[PDB]
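Chain identifiers are assigned alphabetically from A in the order in which the sequence lines are presented. The residues of chain A that appear here are 1-273 by the PDB entry count, in order. Per the PDB entry, chain B residues shown: 1-273, in order. Start at 1 and go down the list; that is how both ligands and their atoms are numbered.
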There are 2 protein chains.
Amino acid sequence: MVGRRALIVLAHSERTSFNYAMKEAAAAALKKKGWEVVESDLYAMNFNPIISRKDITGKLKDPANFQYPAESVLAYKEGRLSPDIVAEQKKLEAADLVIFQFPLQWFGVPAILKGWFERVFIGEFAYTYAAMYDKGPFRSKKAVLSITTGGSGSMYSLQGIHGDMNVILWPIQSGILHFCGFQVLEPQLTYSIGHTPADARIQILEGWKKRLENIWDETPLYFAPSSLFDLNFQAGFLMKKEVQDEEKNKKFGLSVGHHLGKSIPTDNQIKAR
Amino acid sequence: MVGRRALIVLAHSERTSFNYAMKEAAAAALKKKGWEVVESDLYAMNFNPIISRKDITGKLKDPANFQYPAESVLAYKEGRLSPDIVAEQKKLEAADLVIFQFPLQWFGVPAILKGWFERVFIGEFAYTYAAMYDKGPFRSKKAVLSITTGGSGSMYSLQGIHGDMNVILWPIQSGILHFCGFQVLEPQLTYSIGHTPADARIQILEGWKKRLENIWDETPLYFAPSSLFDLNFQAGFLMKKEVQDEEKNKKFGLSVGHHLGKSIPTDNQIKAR
Ligand SMILES: Cc1cc2nc3c(=O)[nH]c(=O)nc-3n(C[C@H](O)[C@H](O)[C@H](O)COP(=O)(O)OP(=O)(O)OC[C@H]3O[C@@H](n4cnc5c(N)ncnc54)[C@H](O)[C@@H]3O)c2cc1C
Ligand SMILES: Cc1cc2nc3c(=O)[nH]c(=O)nc-3n(C[C@H](O)[C@H](O)[C@H](O)COP(=O)(O)OP(=O)(O)OC[C@H]3O[C@@H](n4cnc5c(N)ncnc54)[C@H](O)[C@@H]3O)c2cc1C
Ligand SMILES: O=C1Oc2ccccc2C(=O)[C@@H]1C[C@H]1C(=O)Oc2ccccc2C1=O
Ligand SMILES: O=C1Oc2ccccc2C(=O)[C@@H]1C[C@H]1C(=O)Oc2ccccc2C1=O
Ligand SMILES: O=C1Oc2ccccc2C(=O)[C@@H]1C[C@H]1C(=O)Oc2ccccc2C1=O
């Protein structure tokens, strides 16, 4: 695994946190196997998470009607993005594997990490309308979420009061990671870390290092391939008619988001096929 | 409707935006019906969206191992939260109706709005473990999302390339809003707003104002009531045995998150029953 490069994006303010220890465990395990490891500790960086015209240097094209998508895309093509954004984009370009380490907050990513996606995943660089999802710019990379929660796993089971964790993960793993082309690996889910004692926390750290010894060879999560859809406005970007006809008598839909009104395949966003 | 109060939280930097126009339309229509209207224009406020120990003044309980949940709950009880947080909490306490107006960004809320939830929805003030979801502190209030998207409506249909919008809405409407006790009203979904001509946009604003004339009398979205679950940590907050047995022979699950491996009832997060 010499020659492969990893990026660990951490979103936690405290160096005493378990999230920080998971970042250190990941970095140590990957380096031991020959990886180059680069980090984005967003809190330690004082990372600015708010998109604004200060993400762009030089001339704005239409300052009287500011449109962040058009202006940032033009800035990317012309080399006029803010230097802190350019630095993060270079880390992404270099990385084969991207690990996102964060506590679950309000059933999603921390605001500082959401803003990192918004400022760094600029159009053309991270996605194109003509090549969404599996054809996206990051299709040669793999991404993985490593999440800690306060709530127990049972709260996020099919019968738990919070509802299916697979639904919670969908907008992040499909809408952010896979939209840009990433193959998304099984998330590392560390449930109710606040009710886990010290020696058990050590084994959680060791298990994560163990998994990282062969993470590049894992099967990724299943998303419906874009070849199943008519990618044009005359068809409305809907699934092809012959695909709908083939699926019409299967009991399960294709994924969490493409459940088709049927049963969601079990752990679609948690376990590979 | 004189006597009732609304809070409009806007997450868009541009006064020239359609989001700002929707905020202005909402304020004018409610005021014309006698509502008191307060605003949290997060960009114009320069709102700080990043949780940290600077959200808390005075003596921390354990500064050597800072844990935001325990420290912020204690700070709320002792009156040691940062003044900008306190002011937003007072806005929430006064409001009967809360409108969230924002463009969809990476299939969720903008980072500045995500951080508003993180800094303002403090434990004990906005939620308690002993009274989750429909017993929560905001159970006398109603909330509504007013979202604009770049993508078209068909892209978010069951057969569309992005998948079911009901799945994308679930973590925000059930997890952020309903967990605190809000009754959640049908979201105002404005699709492909960058490809909607001017004639149509004007009518969208008039329709939004029309809806707001009787917004308080609408039926809210359906979430499984907390009485269906055993509400204690030891029991994992799992659905009651008798309830599981009774739902076993039903063809549809109860909601997006409580789909129970069965068909999701149509537009559970988009249309009231
Ligand atoms: C705004 C906010 C929103 C939240 N929303 C949700 C939600 O929606 N759903 C949900 O389930 N939870 C939610 N939570 C809870 C959150 O997910 C947990 O608090 C978080 O995952 C805890 O992870 P941590 O790194 O902070 O652990 P910490 O509390 O910092 O540490 C946990 C334990 O691990 C110890 N530890 C540290 N380093 C090591 C080491 N090398 N080796 C062994 N042990 C170590 C620590 O000393 C500590 O005892 C929220 C929390 C906040 C602040
Ligand atoms: C980081 C980022 C991430 C994004 N992620 C997603 C995603 O995941 N999925 C998705 O579908 N989209 C996504 N988008 C697109 C985003 O949702 C749309 O760009 C946004 O909703 C557009 O709303 P707006 O208010 O900015 O519209 P504007 O472009 O500001 O306005 C649209 C038209 O309405 C006009 N208008 C303004 N005021 C009025 C008025 N009083 N009366 C009549 N017309 C008026 C405006 O002049 C303009 O011509 C993303 C955008 C960004 C920047
Ligand atoms: O489930 C949750 O959802 C949240 C959503 C928004 C903000 C914070 C939280 C939490 O703290 C966690 C975990 C939370 C915890 O950490 O400890 C508990 C102890 C007893 C009963 C229940 C729990 C929990 O669910
Ligand atoms: O309205 C339309 O309907 C069509 C019917 C048949 C053939 C072509 C088209 C179009 O190009 C689009 C324009 C189209 C639209 O209206 O929605 C969008 C939403 C997001 C991004 C881009 C667009 C468009 O270009
Ligand atoms: O504006 C657009 O341009 C297009 C042109 C041709 C075909 C499809 C599209 C789109 O999907 C939309 C919206 C587009 C979308 O649907 O999802 C996103 C997710 C992340 C970031 C940005 C966006 C968008 O703007």
Which drug molecule is found at ligand 3 in this structure?
dicoumarol
Help me with this one: what macromolecule has the most contacts with dicoumarol (ligand 3), named as in UniProt?
NAD(P)H dehydrogenase [quinone] 1
If a contact means heavy atoms under 4.0 Å apart, which other chains contact dicoumarol (ligand 3)?
A, B
Per the deposit, which organism was chain B derived from?
Homo sapiens
Just to confirm my output: which protein heavy-atom neighbour is closest to atom 5 (C) of dicoumarol (ligand 3), and how far is it?
B/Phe179 CE2, 3.5 Å
In terms of atom number and element, which parts of dicoumarol (ligand 3) are under 4.0 angstrom from non-hydrogen atoms of A/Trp106?
6 (C), 7 (C)
Would you please determine whether B/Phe121 falls within less than 4.0 Å of dicoumarol (ligand 3) on a heavy-atom basis?
no
Nitrogen or oxygen of A/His162 less than 3.5 angstrom from that of dicoumarol (ligand 3):
yes
UniProt substrate sites of chain B near dicoumarol (ligand 3) (heavy-atom cut-off 4.0 Å):
B/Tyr127
State whether the shortest distance between N or O atoms of B/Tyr129 and N or O atoms of dicoumarol (ligand 3) falls below 3.5 angstrom.
yes
In terms of residue, atom name and distance, what is the protein heavy atom nearest to atom 8 (C) of dicoumarol (ligand 3)?
B/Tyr127 OH, 3.3 Å
Going by the order shown, which atoms of dicoumarol (ligand 3) are within less than 4.0 Å of some heavy atom of B/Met132?
22 (C), 25 (O)
Name the closest protein heavy atom to atom 12 (C) of dicoumarol (ligand 3), giving the residue it belongs to and the distance to 0.1 Å.
A/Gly151 N, 4.1 Å
With a cut-off of 4.0 Å, which atoms of dicoumarol (ligand 3) are near a heavy atom of B/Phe237?
21 (C), 22 (C)
Define the binding site of dicoumarol (ligand 3) at 4.0 Å using heavy atoms, by chain and number.
A/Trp106, A/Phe107, A/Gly150, A/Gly151, A/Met155, A/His162, A/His195, B/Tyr127, B/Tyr129, B/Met132, B/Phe179, B/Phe233, B/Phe237
